[PDB]
Structures are given as structure tokens and as C-alpha cells.
Undergrad: 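Following up with a structure containing vaborbactam (bound form).
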Amino acid sequence: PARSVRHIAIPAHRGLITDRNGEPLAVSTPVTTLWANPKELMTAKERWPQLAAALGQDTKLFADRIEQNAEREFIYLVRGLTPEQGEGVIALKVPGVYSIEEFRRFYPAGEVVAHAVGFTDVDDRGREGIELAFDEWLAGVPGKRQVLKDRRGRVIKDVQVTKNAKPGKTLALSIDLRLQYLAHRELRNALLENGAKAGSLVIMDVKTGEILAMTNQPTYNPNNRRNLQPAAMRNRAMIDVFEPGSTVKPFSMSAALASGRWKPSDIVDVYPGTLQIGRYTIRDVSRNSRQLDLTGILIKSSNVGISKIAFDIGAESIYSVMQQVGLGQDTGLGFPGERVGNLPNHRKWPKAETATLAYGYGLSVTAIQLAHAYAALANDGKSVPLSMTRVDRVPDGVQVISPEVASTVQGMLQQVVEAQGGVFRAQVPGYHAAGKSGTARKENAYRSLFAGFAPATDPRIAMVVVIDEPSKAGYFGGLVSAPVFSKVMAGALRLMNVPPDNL
Ligand SMILES: *[B@@]1([O])O[C]([C]C([O])=O)[C][C][C]1[N]C(=O)[C]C1=[C][C]=[C]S1
């Protein structure tokens, strides 16, 4: 062709990601894709070796590259490059060589908030995390310019900007970067001190459904993905599922206290620390108990004790409460890869299955779902829908546990933390805190769990700590996960200026 008119799209400035307070988490930065028309390059061949030397490329490899695709009017010398480099090569004055301002994501907080934020690909398109989930919102409208081109394809003149580019829109996350840094630091230190393989920490606003912090280990630097494992990129809080074990006994207890058949001072005999359901044997971890009250059952995490309560009230009431607090249910966060886990239902709940559900096995949940459950319980039985985006207008919650029952369970979990034989390492200096330890087995390999909230008497914050496969001789949730809860809850309450309730 003697001439032709071609589409070139005006790229959009991709929307700024901030934290709830406007700290920048993902920032669109000027770069420049050095490109070339081979057809024009093919008539300045003595200029190539210098060009190559400034693209650092091998002289003969470069020249082979330009040769093979001589016909094409387009080739990328580099993708991205500062508006600095890009000029250093423009000032060469090589025929068929140009620079064109692009946008590249920078992530100022780096590894600290990688799983939540995720990242864009070579093309400034969301690929993981918030970047993908909210791509539409963040990506603007590419505009369009009609350009007249000579025989070779060199832009002679620009005819019209027919439709300008529209910038993408700012997104403010629920994340509080200050809590996120603290959670990140303490989860990393807890892994080191226990030689654990992995972990997750979630902090929630029990009043707004906002995720204030979501950190996992291992993590990666999104600014430098060069050499990086598939494992280190798992948002484990959202896309990994586990058996919550003893951390859902409190929901089994909500059911019990809602049935009308149980009150806290009621007694269950759990002797001799085991119980046969035909060929199946329920085993307590500790087996030096006969009579325990309902608080003791939680303090001892007695599987026998919670199974006998379950046989009494029925699996249906237990299933119903766990369903309503959202365990194994769709959170509606539309996070890429986000799991729903499994809350298995039954027409006929047999005995074995009644017991396993009640003591926290046979179901699988995310750390985010468990945090959300603990939020509902902390917010006086009222579940607010989860959000990763800042909540200005808090939606109506659903009352999923009676306020009075919620209040009783709150008081019992405060005792689990504060009473003799309790999870004393979960205590939070000059606050009342409430919560529940858990330990799962997966050749002994543990998952170590703590879920709780504070302040105990007027809750603000729900927190889950999950440490995968601690390596020292301590593996119990109350040993491994509780101290991280203590430290990160104490920090979060201070940072949000929450009044101490233990004076
Ligand atoms: B539960 O998940 O966690 C309890 C321990 C805690 O509160 O930290 C013990 C009972 C439940 N776990 C199990 O029964 C499975 C295990 C077997 C041996 C140690 S954990």
C-alpha cells in the first residue's frame, strides 16, 4: 500500500489503589515501550550495532531479529523503560525508532500487602487480587486516534483524537496499612519462632464487615516477580481451605444455648476422655476429666463433651448456625480463586456425623469465613456482609444468633482466655479479650489456630491466626497462635484508639 489509516489506542491512566486512609498501595507510573518499524530500520543498517549496544542486545542477534521480521511495521525493542532510558535512545536519531509513554504499576508497600493487592501483567491488566477482581473499575477507557501512515507505516500526521482516553477510578481498600504492617511483621516473626511452613492472619471490623488486615506467609515482592514460586503467591486467607476443628465449638454451643435445653453451668460427663459411636471412637486430647460445665468443655476443647451436647440438641441446629455465620458459604467478595469451602448437609444426620460437625471436622472453611463467623458472634449475633473496599455506608446486617445467646457465648470465650487453665497467652494487656484455640492434624503435622475478638465487653475487632505445621515441640493453637493474637490485637486496638475495658 502507498498509504493507509490505522487504529492506535490512547491508553488510560489505571486507577490508584489506596488503603482505607489513602496510603498508596498500587500506583500507575510513567514508562515507555521503545518500538521500531523494521521496514524503516532496514535502510539505516550501519546504525544497528549502536542501537543494539543501547538496548544492551548482542549486535548479531539484534540484526538477525530486525532481518527475520523485515515486513512488520511493529516490533518492541523494549516493553516499559523510564521516560529517561526511552529518551537516551531517542537522542540516537536512528530511523524507525520511537518512544511512547506507557503506565507501569508500582506497589509502595511491596510484599506487606501483595496477596490483597495482587498485581497487573506486562499489559497493565489485573491478573491477581484486587487488581483482577476490580479491573473494570481500575482500567480506564482506552481512547482512540486516527493516524495517517506512509508506505512503510511511519506516522506522517495525526488526523483526530476521535474519543479521548478516560482514566480508571481510585479504589480505597478496607485495609488499614498500619494494622497490615503489624499483622505482616508479627505473622513473619511467629513463623520464624516456630519454623512453620505457612500462615494467615485476618483482622475484621465486627461493626462494618471490613477486612482491616489480611496477610499470609509465604509472601513475595510484586515489584520483582522474576524468580518466584506458585506457593508464595497463594492468598492463603481466601483460596486455601482447612478443618476449623475446635475453633467452631463455640457455634455448636450457640446452638445448644438457643435450643432451650442448656445453660452455661450445666454439666456433661466426658469420662474417660473417649466415646465409641459403633466402630468410631471420639477421643479428647486431654483425658483427666469427668464433669465439666459448658465453659470447661470449651476451655478443655472436649470433643466428647461437645458430641454429647450435639446428640441432645441435634446436628440440624448446629449446621443451621454454622451456615448462618457463613462457614462453607459464598462471601460475595468475588476474589479471584476465593474458595467457598464445604459445610456438608444431611437429610438424616447420623450420630458419627452429628459429632464430627459439632467438634469441628468434616467441614472445611477459609480463614476469612472463620473471621467473618467470629465477627457475627462479636457484633452481638449480627453478621455484616464482608468488604475489601472501604465502607462509608455500612449495610444492614442479619441477626444470625440471638443477641442474648451471642452475649452468653462472648462471656464464655472471655473465660476461655481469662479463667484458670485458659488460653492465658491470648490475653491483651488492659483489655478483656475473648477467643478459642484450635489444633488440627493433617508423621505428626499440625495446623495451629486462634480466633477471637476484643474488647470482650464491647467488641470492635475479630482476628484469626492460622499457623501451618509449626516445627518446634509446641503445636497447640494456645501455644503458637494465641501470642500473635495478643500482640496484633493489642496493636490494632491502640492504632484505632479503642478504649481499654480492663481497669
Ligand atoms: B480442637 O481442634 O483443638 C483442641 C486443641 C486446642 O484448643 O488448641 C483439641 C481438640 C480439637 N482437635 C483435635 O482433636 C485433633 C487433634 C489431635 C491431637 C491434637 S489436635
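Residues: numbered from 1 along the sequence shown. Order of listing sets the numbers, starting from 1, for every ligand and every atom in it. Values reported hereafter were calculated over all heavy atoms of this structure, with side chains retained and with hydrogens, waters and symmetry mates removed.
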Undergrad: Specify the chief binding partner of vaborbactam (bound form, ligand 1) in this model, using its name in UniProt.
TA: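 Chief contact partner: Peptidoglycan D,D-transpeptidase FtsI.
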Undergrad: I need the residues around vaborbactam (bound form, ligand 1) for a figure - heavy-atom cut-off 4.0 Å, please.
TA: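 Heavy atoms within 4.0 Å: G245, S246, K249, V285, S301, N303, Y361, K436, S437, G438, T439, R441, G477.
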Undergrad: Looking only at protein heavy atoms, which one is nearest to atom 15 (C) of vaborbactam (bound form, ligand 1), and what is the separation?
TA: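 Its nearest protein heavy-atom neighbour is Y361 OH, 3.4 Å.
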Undergrad: Suppose we measure from atom 14 (O) of vaborbactam (bound form, ligand 1) to each protein heavy atom; which comes out shortest, and what is that distance?
TA: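 Scanning the protein heavy atoms, the shortest distance from atom 14 (O) of vaborbactam (bound form, ligand 1) goes to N303 ND2, 3.1 Å.
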Undergrad: Checking a contact table here: which protein heavy atom is nearest atom 16 (C) of vaborbactam (bound form, ligand 1), and how many Å away?
TA: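 Here the nearest protein heavy atom works out to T439 O, 3.9 Å.
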Undergrad: Please confirm whether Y475 comes within less than 3.5 Å of vaborbactam (bound form, ligand 1) when only nitrogen or oxygen atoms on both sides are compared.
TA: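 No.
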Undergrad: Identify the closest protein heavy atom to atom 7 (O) of vaborbactam (bound form, ligand 1): which residue and atom is it, and at what distance?
TA: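 Protein heavy atom with the smallest distance to atom 7 (O) of vaborbactam (bound form, ligand 1): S437 OG, 2.5 Å.
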Undergrad: Which residue supplies the protein heavy atom nearest to atom 19 (C) of vaborbactam (bound form, ligand 1), what is that atom called, and how far is it?
TA: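 Going atom by atom, the protein heavy atom closest to atom 19 (C) of vaborbactam (bound form, ligand 1) ends up being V285 CG2, 3.8 Å.
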Undergrad: Judging by distance only, is a nitrogen or oxygen of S301 under 3.5 angstrom from one on vaborbactam (bound form, ligand 1)?
TA: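 For vaborbactam (bound form, ligand 1), there is an N or O atom that lies under 3.5 Å from one belonging to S301.
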Undergrad: Need the vaborbactam (bound form, ligand 1) atom indices (1-based, order shown) with element for anything under 4.0 Å from a heavy-atom of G245.
TA: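 Listed by number with element, the hits are 2 (O).
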Undergrad: Under a 4.0 angstrom heavy-atom cut-off, which atoms of vaborbactam (bound form, ligand 1) come close to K436?
TA: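 Near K436, the atoms of vaborbactam (bound form, ligand 1) are 7 (O).
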Undergrad: Using distance alone, decide if vaborbactam (bound form, ligand 1) has a nitrogen or oxygen within less than 3.5 Å of any nitrogen or oxygen in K249.
TA: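 Not met; the criterion fails.
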Undergrad: Which residue, and which atom on it, receives the covalent bond from vaborbactam (bound form, ligand 1)?
TA: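 In the model, the covalent bond from vaborbactam (bound form, ligand 1) is to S246 OG.
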Undergrad: Mark up the atoms of vaborbactam (bound form, ligand 1) that fall under 4.0 Å of a heavy atom belonging to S246, in ascending order.
TA: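 Every atom of vaborbactam (bound form, ligand 1) under 4.0 Å from some heavy atom of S246: 1 (B), 2 (O), 3 (O), 4 (C), 9 (C), 10 (C), 11 (C), 12 (N).
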Undergrad: For vaborbactam (bound form, ligand 1), which atoms sit closer than 4.0 Å to a heavy atom of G477?
TA: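 Counting from 1, the qualifying ligand atoms are 8 (O).
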